[PDB]
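Here is the structure we will look at, set down as structure tokens.
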Amino acid sequence: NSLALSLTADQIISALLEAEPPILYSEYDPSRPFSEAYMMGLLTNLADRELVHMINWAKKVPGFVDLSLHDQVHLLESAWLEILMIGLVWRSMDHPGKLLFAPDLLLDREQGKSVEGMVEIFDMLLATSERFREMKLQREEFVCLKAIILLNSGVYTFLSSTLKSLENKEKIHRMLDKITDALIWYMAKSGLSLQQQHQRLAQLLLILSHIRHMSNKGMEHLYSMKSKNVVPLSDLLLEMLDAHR
Amino acid sequence: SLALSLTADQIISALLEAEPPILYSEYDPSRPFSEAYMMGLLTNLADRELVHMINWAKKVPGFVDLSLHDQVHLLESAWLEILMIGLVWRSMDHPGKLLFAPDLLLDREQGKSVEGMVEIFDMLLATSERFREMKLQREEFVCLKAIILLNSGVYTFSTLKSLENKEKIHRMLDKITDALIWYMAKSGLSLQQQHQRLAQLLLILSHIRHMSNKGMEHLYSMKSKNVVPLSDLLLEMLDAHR
Amino acid sequence: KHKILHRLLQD
Amino acid sequence: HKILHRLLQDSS
Ligand SMILES: C[C@]12CC[C@@H]3c4ccc(O)cc4CC[C@H]3[C@@H]1CC[C@@H]2O
Ligand SMILES: C[C@]12CC[C@@H]3c4ccc(O)cc4CC[C@H]3[C@@H]1CC[C@@H]2O
Ligand SMILES: [Cl-]
Ligand code: NA
């Protein structure tokens, strides 16, 4: 219907590549006692600054700004931690055994043990990065996956009680199909057979189930750190966390 | 392995034949639904379904070729997702209701008998509606349930044995993808419709994972408040999600 | 309409 | 040992 829904696969991929957010630095100082509070402060301060850039990125995802503001809010509230995590895993592919939170903050699982309950999450994130490495995930595939997360994660909770809200839901589903088309087009241009294309599409989308799982566990962890007053959290982070109850 | 040499038709046939029975609840309609009674009925049903789920898993091609440790871990990861996808499937013919069992068909107002449950009921009802919108077929359902079993626990955390089993799992996941596509092609979908539907179905699995995590938190809350006693099996399946 | 996220998305 | 492990050893 719209200009966004008419884009070709090449146009979609090109737009998503151009929308990529900047890589931000942490505050890490080797002179500081690497305490639970210090590490959590680094991670949440970084997450808060990344969220502002994530909002700008989302507005560049084709069709996203054609949704109502309430729908845009809903999708970002649902997806934000999944998006931070897939970004982290992507940045970490080139560093076996480490998570590149930022160029100055590369942590291994033993460092993750500095925060109660964190090493289990680190291990899941490390396993996902290893999977990306095994698959030789490409940037074009990564950006498609991130756009799929944004559009899919809140879409089952999307209300369609009116003919307009039903229109919005249909637009989201049509755009999800177009991003699938773009992923397949990229794989086909890369020389994969049809069988390999479908197998790889499935492999990539199954990773999204793991990213959802890790986000759920991370949200529980962040709530725990909030409750225990381990770390002060920004107003925006507090609201994003609150949207998950 | 013999499993990795099966054709797409053989894989779908095997999975259809392995389908577990539909069990009845212990519901006594002489009694009203308190929080404790409803939780007792649902966990008693889950416990009895788990035995049949273990039987079913042993029939998923290649599963019994894995180490018992890997079989344990995969089922520990996936069990509630598997119960939930089965529930949604059973409920497709009952808009607005969840067919936990043929004698326990519940609406969201009945879900309110348990604190925190209606939120999960609503997600499951929305998933049933999605299944109806997609006209999900039994062949697609059984492929998705087998994918959950093999995938949910595959990325939890160096030994060579860990790599050998993981490679077997990935090969069989690819075979199930092949089978799903084959079923769609046989059903007349165009090549573009095939990849679009494949993606639509696999994205359901992200929502099923989400619902399982919320359900696992809920079950732990019920346990932690001494609402319902859980079987030793359920206590251990729940504790694996510590 | 009062959420921070709502405000940021209008910029 | 754990119940699930024991049940996975029965046949079928
Ligand atoms: C949310 C947590 C703090 C912020 C962390 C972060 C911070 C920045 C980032 O780019 C990714 C992630 C993913 C892991 C997140 C953590 C998982 C649990 C912890 O509370
Ligand atoms: C796990 C719960 C009890 C068992 C329930 C069940 C029980 C049997 C079944 O076939 C499916 C489900 C899904 C929802 C589950 C519930 C979600 C929260 C509650 O604690
Ligand atoms: Cl910055
Ligand atoms: Na900044």
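Residue numbers start from 1 in every chain, and the chains themselves are labelled A, B, ... in the order their sequence lines are given, proteins ahead of strands. Just follow the structure's listing: the first ligand is 1, and inside any ligand the first atom is 1.
According to the PDB, the drug located at ligand 1 is estradiol. Most-contacted chain for estradiol (ligand 1) in this structure, per the PDB entry: Estrogen receptor. Those other chains that come under 4.0 Å from estradiol (ligand 1), heavy atoms only, are A. Contact atoms of estradiol (ligand 1) toward A:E50: 8 (C), 9 (C), 10 (O) (distance under 4.0 Å to a heavy atom of the residue). Neither the backbone nor the side chain of A:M219 comes within 4.0 Å of estradiol (ligand 1), counting heavy atoms alone. UniProt lists residues of chain A as binding 17beta-estradiol; of these, a heavy atom within 4.0 Å of estradiol (ligand 1) is found for A:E50, A:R91, A:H221.
Here the heavy atom of the protein found nearest to atom 16 (C) of estradiol (ligand 1) is A:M118 CE, 4.4 Å. For estradiol (ligand 1), the atoms sitting less than 4.0 Å from at least one non-hydrogen atom of A:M85 are 13 (C), numbered in the order shown with element in parentheses.
Note: chain A touches estradiol (ligand 1) mostly through UniProt domain NR LBD. Closest to atom 6 (C) of estradiol (ligand 1), if we only count protein heavy atoms, is A:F101 CE2, 3.8 Å. With respect to atom 15 (C) of estradiol (ligand 1), the closest heavy atom belonging to the protein is A:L81 CD1, 4.3 Å. Around atom 18 (C) of estradiol (ligand 1), the closest heavy atom drawn from A:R49, A:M225, A:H221 belongs to A:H221. Protein heavy atom nearest atom 7 (C) of estradiol (ligand 1), with residue, atom name and distance: A:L43 O, 3.5 Å. Taking every heavy atom of A:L222 and a limit of under 4.0 angstrom, the matching atoms of estradiol (ligand 1) come to 20 (O). Using a 4.0 Å threshold on non-hydrogen atoms, atom 9 (C) of estradiol (ligand 1) counts as touching the protein. For estradiol (ligand 1) and A:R91, the ligand atoms under 4.0 Å from any heavy atom of the residue are 10 (O). Residue contacts with estradiol (ligand 1) include A:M40, since one or more of its heavy atoms lies under 4.0 Å from the ligand. With a non-hydrogen cut-off of 4.0 Å, the residues around estradiol (ligand 1) amount to A:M40, A:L43, A:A47, A:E50, A:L84, A:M85, A:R91, A:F101, A:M118, A:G218, A:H221, A:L222.
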Please produce the table of protein N or O atoms sitting under 3.5 Å from N or O atoms belonging to estradiol (ligand 1), one pair a line, distance to 0.1 Å.
{"unit_1": "estradiol (ligand 1)", "atom_1": "10 (O)", "unit_2": "A:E50", "atom_2": "OE1", "d": "2.5"}
{"unit_1": "estradiol (ligand 1)", "atom_1": "10 (O)", "unit_2": "A:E50", "atom_2": "OE2", "d": "3.3"}
{"unit_1": "estradiol (ligand 1)", "atom_1": "10 (O)", "unit_2": "A:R91", "atom_2": "NH2", "d": "3.1"}
{"unit_1": "estradiol (ligand 1)", "atom_1": "20 (O)", "unit_2": "A:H221", "atom_2": "ND1", "d": "3.0"}

